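Entry overview - Leukotriene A-4 hydrolase with Bestatin in place.
Throughout, numbering of the chain's residues begins at 1 and tracks the sequence. Counting convention: from 1, in listed order, for ligands and their atoms alike. Basis for what follows: all heavy atoms, side chains included, without hydrogens, waters or symmetry-related copies.
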Amino acid sequence: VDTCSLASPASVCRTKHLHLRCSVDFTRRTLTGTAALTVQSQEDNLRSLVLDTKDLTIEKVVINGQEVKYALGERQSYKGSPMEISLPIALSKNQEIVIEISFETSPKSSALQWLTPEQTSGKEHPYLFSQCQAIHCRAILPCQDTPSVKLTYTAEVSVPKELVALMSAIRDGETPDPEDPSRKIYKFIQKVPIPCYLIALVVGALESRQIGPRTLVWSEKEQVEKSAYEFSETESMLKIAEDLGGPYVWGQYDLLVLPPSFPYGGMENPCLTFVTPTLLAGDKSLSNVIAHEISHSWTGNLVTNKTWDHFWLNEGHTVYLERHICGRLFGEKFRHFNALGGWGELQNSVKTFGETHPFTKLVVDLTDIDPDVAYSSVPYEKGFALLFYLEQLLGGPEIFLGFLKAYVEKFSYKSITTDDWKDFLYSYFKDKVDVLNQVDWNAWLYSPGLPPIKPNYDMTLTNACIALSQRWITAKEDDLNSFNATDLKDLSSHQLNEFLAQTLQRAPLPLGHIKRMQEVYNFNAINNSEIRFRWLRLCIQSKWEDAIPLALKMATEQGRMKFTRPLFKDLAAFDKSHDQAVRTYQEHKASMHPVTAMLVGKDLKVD
Ligand SMILES: CC(C)C[C@H](NC(=O)[C@@H](O)[C@H](N)Cc1ccccc1)C(=O)O
Ligand SMILES: Oc1ccc2[nH]ccc2c1
Ligand SMILES: [Yb+3]
Ligand SMILES: [Yb+3]
Ligand SMILES: [Yb+3]
Ligand SMILES: [Zn+2]
């Protein structure tokens, strides 16, 4: 049972297909049209069904050419309102019918951000983008909003003719709109069954550039050249991912670089991965995000978590594959460096929540919990740590990668639970069941806090980061003179970031130390978003008033939640910037992404 959904479950009925015909109205900030759901009964004598909705206006529901009765239940907070539909004729098991729902979204749809022209790069045209994961698809259209159900889809999207629509699907042509010659209709087809959280739409002044045999990059004109360079490794990553996972079944792998308010680093929308423009470091150093979203084309989009309680299945396996891709590209020592880094991030998350908090469990219970509030590095890094620990237990990376590929083949096009995964693990490693029985399954899967065992990590690339961080932490005033730009000589951007992560873990440092760090390393000059983020956090937590405007600027000029939330939170905790932090939020709130606005508000204890 999916406790995040109010819809009929898959054991009652199953959506097979969605045909979406809609029009994007920028003047009203609404999407209007029809969602035609092909639904298969899973029960004898089925006379009604229930769908998820959130802030949707329902005009009518049509079956067999006639309007039918429906009722909207009372709103249940972030879950929205259940929509019960009375079928005109009782259905037998496996019978399929088509239900056409006429609907309109609210301008406040939590799935959508509507951008004015001034919020874009080009400054002439408006822009719209969606983000459905986890449970926001219901805020665009009525559906069984649960990843336990998979469906194909086709869509026709009417937009002002100067603009371009793209979706998580294969592009299927464009025409003038016969009802309004100021508009164009873009058509789309997704022929691989997907969970509805993978439905995506963007509308804006988009151009494209080819960067590989199956990849275009899309953005506004002013970002195209930079993005084409930044993500030039994409095809080589796809080839490695195919070796690890089996065939790529989705046809195209395009990339869309969003405006700065995109709340995530990446989102694995099928055929069209969405990325933050904060990846545009100029040197490809943040390309692990591409490798990660590529990997979801197997772990997530083919084998899918059955409910959000089992989210770690999606993210843990994907981080595991991500790090393997990067390991092939740049070496096994680099894979170990990033694995160790991720353990550090797990340390941070556990410290933040508290070692007994329910959100530090690998498998969670999301009953009455908004997924956006529970979201953290835990499913990512506790999940990766489990897989990395099992890798080392069961005989190494090539043995465990054999399992991963067999796992993907086994559960392709299905939605599964932790027990399904574990059962298959035991089946596959039939001859190592005694080794498997040494794992403390109850602790790993269901207990809060750090995992019961830390895996073994090569320290080669990490040693210099730790060494330099320790020099700074143990330095006294009379030691500050010895630090010099040459300290950074042999460190990669990845190592500089890790040096800062190590140091941030022991923050605050004395203000004089941080002032010296800027004097000799000039971190204010670095544009790499990950580095700048940790440096600004270090400054604010160490009470450097000079860093206040810098932190405010970064918190607001982009909206990746990873950066925006902790920067606002740090700014709120520093007495000198507290009032500015709350004021800046209040002034920006209306033009923020709805999810980001909500979470920053909660973080700051405002509204
Ligand atoms: C390299 C990755 C760790 C990057 C990470 N992105 C992801 O994990 C994406 O695949 C996730 N699909 C992001 C997500 C998770 C849950 C709800 C909405 C969106 C991110 O930070 O955005
Ligand atoms: O967005 C999500 C989805 C599933 C989850 N499980 C735990 C946190 C979480 C967040
Ligand atoms: Yb076609
Ligand atoms: Yb001294
Ligand atoms: Yb208030
Ligand atoms: Zn992911």
Subject >> Place of Bestatin in the structure >> reply: ligand 1
Subject >> Residue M267 vicinity, atoms of Bestatin (ligand 1) by number, heavy atom under 4.0 Å >> reply: 12 (N)
Subject >> Taking atom 8 (O) of Bestatin (ligand 1) as the reference point, the nearest protein heavy atom with its distance >> reply: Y380 OH, 2.8 Å
Subject >> Closest protein heavy atom (residue, atom, distance) for atom 14 (C) of Bestatin (ligand 1) >> reply: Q133 OE1, 3.5 Å
Original post:
To the nearest 0.1 Å, how far is atom 12 (N) of Bestatin (ligand 1) from its closest protein heavy atom, and which atom is that?
Top reply: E268 OE1, 2.6 Å
Subject >> Close-contact set for Bestatin (ligand 1) against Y264 heavy atoms, below 4.0 Å >> reply: 13 (C), 14 (C), 17 (C), 18 (C), 19 (C), 22 (O)
Original post:
Nearest to atom 6 (N) of Bestatin (ligand 1), what protein heavy atom do you find, and at what distance?
Top reply: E293 OE2, 3.2 Å
Original post:
Judging by distance only, is a nitrogen or oxygen of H292 under 3.5 angstrom from one on Bestatin (ligand 1)?
Top reply: yes
Subject >> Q131 N/O under 3.5 Å from Bestatin (ligand 1) N/O >> reply: no
Subject >> Nearest-contact summary for atom 21 (O) of Bestatin (ligand 1) - protein heavy atom, Å >> reply: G265 N, 4.1 Å
Subject >> Nearest protein heavy atom with distance in Å, relative to atom 11 (C) of Bestatin (ligand 1) >> reply: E315 OE2, 3.5 Å
**OP:** Look up the source organism of chain A in the entry and report it.
**Re:** Homo sapiens
**OP:** Flag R560 as yes when one of its N or O atoms lies below 3.5 Å from any N or O atom of Bestatin (ligand 1), and as no otherwise.
**Re:** no
**OP:** Within a distance under 4.0 Å of any heavy atom of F311, pick out the atoms of Bestatin (ligand 1) and give their elements.
**Re:** 15 (C), 16 (C)
**OP:** Using a strict 4.0 Å cut-off to heavy atoms of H296, name the atoms of Bestatin (ligand 1) that fall inside it.
**Re:** 10 (O)
